Every structure is written in structure tokens, then in C-alpha cells.
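Summary heading: complex between merestinib and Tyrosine-protein kinase Mer.
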Amino acid sequence: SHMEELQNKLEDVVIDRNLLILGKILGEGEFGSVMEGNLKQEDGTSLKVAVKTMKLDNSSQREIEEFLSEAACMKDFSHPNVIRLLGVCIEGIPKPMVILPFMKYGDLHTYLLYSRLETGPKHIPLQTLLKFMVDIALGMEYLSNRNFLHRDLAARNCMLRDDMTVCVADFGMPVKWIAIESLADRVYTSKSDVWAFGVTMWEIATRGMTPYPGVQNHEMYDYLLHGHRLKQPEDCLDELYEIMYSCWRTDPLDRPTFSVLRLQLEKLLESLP
Ligand SMILES: Cc1ccc(C(=O)Nc2ccc(Oc3cc4cnn(C)c4cc3-c3cn[nH]c3)c(F)c2)c(=O)n1-c1ccc(F)cc1
Ligand SMILES: [Cl-]
Ligand SMILES: [Cl-]
Ligand SMILES: [Cl-]
């Protein structure tokens, strides 16, 4: 029970409820519906937002405190490839809410899949795909430098802005993104995120394939213990494959840092005409 600590932590990002106008439902999240909205800002402008709400039921003091912890966890993230907290509404209503920026094109996984259909985005070029990987690496570099562990890094948790920038986030199958040492023990480090980053790169390069076709979830641990890894996609440059492969080295200490991955990815992207 840390409700007093949490309210003091979130004080300077509290927002007046009446500045916010809610709109339609975007979907369901951990604690309830996610609405789109408009938020009138301090300087006088307007901003299209996503508003995370809590279910109408009497959700416990623990759920409320868990909800606000997540916001407090995000509060100081300031980076263009990391989702940012716009603020919170508490003290005017029975369930509080968290205000986030609107991500026009939604989650990256669904976007990759829609790009293979005529009606959605068009065919994504190789350079744009690489740029998505770069953005994610930039975001993860920032987070791992702050000692934040993601733990569920995947294309489905990455979000696309109006200008096609990727933001790392968590919405709140998954065995297939988990590093070998994290399956084997409870161990998570930044190097476990590196592994999940490699899988996300492979998702991006395959334009949204589920990792490890023909391997079922309950077979995964054994498959990885035998040293087997994701195969090279048919259209994937050898250099790009070498980069994703380095993310799955059995010893976490041998995997590259996010800085190194990001440098390697920028170099490959800039190497293309
Ligand atoms: C640490 C932390 C705490 C809390 C969060 C969080 O609350 N994120 C979060 C994310 C998405 C959410 O949903 C949507 C938001 C938008 C915006 N635009 N559009 C169109 C949307 C549609 C939906 C939607 C929901 N259902 N269906 C669709 C949502 F409600 C909450 C978070 O991400 N992190 C974090 C974790 C790891 C990092 F690297 C960085 C930050
Ligand atoms: Cl953002
Ligand atoms: Cl597919
Ligand atoms: Cl595979």
C-alpha cells in the first residue's frame, strides 16, 4: 500500500479532468477500455490523445495502485522512440486515468501484416523496415541506459506515429520472445531485451511472421537448449541476419549492447543507395 507515495510522485503531471474530452473506444487494455480523446494544453493548443481507463467495477486499492505505478514508472521517459506520459487524472473521479499520445498507425505487428494487403499501407521498402529497427534500438538504448528492463519487447508492443517513427511501449505466444537464460531461470537483464530485440528485428524482416514456424510453444525451451535459432528470412541481407543472430548468443555477456546494435543498424541502412 503506497497510495500516498504514488500521489506525491505523480503530483506535477496531474491534469484537470475538464481539460480532457473523451471520444471513441480504441480497444481494451490491462485495466479497461482505451479511449481516444482531446486534451487542451497549458499554452492553449489541442492534442489528440489516448486515454487509459479503469473498469467501472470496484477494482481494488491494489489495482488502482498498480495502475498508478505504471504511470509513475513512465513519468520521466523523455525520448522520441519511447512512449511518453502526457499526464494523469486523479481526485475528480472514482477510477483514475492515464493520458498518452495518439499513435496514428497503431501497433507495428498489425501494420506489417496490413502492408501485405492492398487496402492498408503499401509494400514497405527495405530501408523503411531497417529504419523501424533503428528506432527501436534508439529507444532501447535510452531505456537500458536508465536501467529499465522491458521484458516483453516485440513488434506488437511497438507503436507507429503519424510520421512513421516507432515508439517502444507495453500494452500490458510470448515464450517465443524470451531469452534462453530467462526461460531457464527467472533471470532478466538488458541482454534479455537484446534477445527479444533480435526476434523483433526478425518479425520486421519477415513482415509479421510468427517466430519459429513449425515449432510449438511447449517445444521452444528444448529447441533453444539444442542451440537452434530463428532462420534467415529469404529476402534478408546476410549482414542484417548476422546482426539479429548476435542477439541470440547463448551467453548474454557475448550479445551486443543496444548502442552497438544501433550503430551497426545505422551503418547498414546508410550503406544502401
Ligand atoms: C513502463 C510503462 C508503463 C505503462 C505503459 C502503458 O500504459 N502503455 C500503453 C500502451 C498502449 C496502450 O493502448 C493504446 C495506446 C494508444 C495510443 N494511440 N493509439 C491508437 C493507441 C491504442 C492503444 C490500444 C489499447 N488497446 N488497443 C489499442 C495503453 F493503454 C497503454 C507503457 O507502455 N510502459 C512502457 C513499457 C516499456 C517501454 F519501453 C516504455 C513504456
Ligand atoms: Cl510519444
Ligand atoms: Cl504471416
Ligand atoms: Cl525459424
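Note that chain A is numbered according to the PDB entry, with residues 568-658, 663-743, 762-862 shown in order. Worth knowing before you read on, the calculation uses all heavy atoms, side chains too, and leaves out hydrogens, waters and symmetry mates. Read the numbers this way: they start at 1 and go in the same order the structure lists the ligands and their atoms.
Here, the model contains merestinib as ligand 1. The binding site of merestinib (heavy atoms under 4.0 Å) is made of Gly594, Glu595, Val601, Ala617, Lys619, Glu637, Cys640, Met641, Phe644, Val649, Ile650, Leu671, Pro672, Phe673, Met674, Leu714, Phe719, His721, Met730, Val739, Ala740, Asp741, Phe742. For the pair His721 and merestinib, the shortest N or O to N or O distance does not fall below 3.5 Å. Close approach to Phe742 involves these atoms of merestinib, each under 4.0 Å from a residue heavy atom: 11 (C), 13 (O), 14 (C), 23 (C), 24 (C), 25 (C), 28 (C).
Looking at merestinib, you won't find any N or O of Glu637 less than 3.5 Å from one of its N or O atoms.
Of all the atoms in merestinib, the ones that sit under 4.0 Å from a non-hydrogen atom of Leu671 are 9 (C), 29 (C), 31 (C). Considering backbone and side-chain N/O of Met674, one or more are found under 3.5 Å from N/O of merestinib.
In this entry, no covalent bond from merestinib to a chain is modeled. In the vicinity of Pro672, heavy-atom distances shorter than 4.0 Å reach the merestinib atoms 17 (C), 18 (N). The residue of chain A annotated as active site in UniProt and closest to merestinib, together with its heavy-atom distance to 1 Å, is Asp723, 7 Å. Taking every heavy atom of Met641 and a limit of under 4.0 angstrom, the matching atoms of merestinib come to 1 (C), 2 (C), 3 (C), 4 (C), 5 (C), 32 (C), 34 (N). Counting per UniProt domain, chain A has the most residues touching merestinib in Protein kinase. Per the PDB record, the organism listed against chain A is Homo sapiens. In the vicinity of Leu714, heavy-atom distances shorter than 4.0 Å reach the merestinib atoms 39 (F). Here is the list of merestinib atoms found below 4.0 Å of a heavy atom in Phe719: 1 (C), 36 (C), 37 (C), 38 (C), 39 (F).
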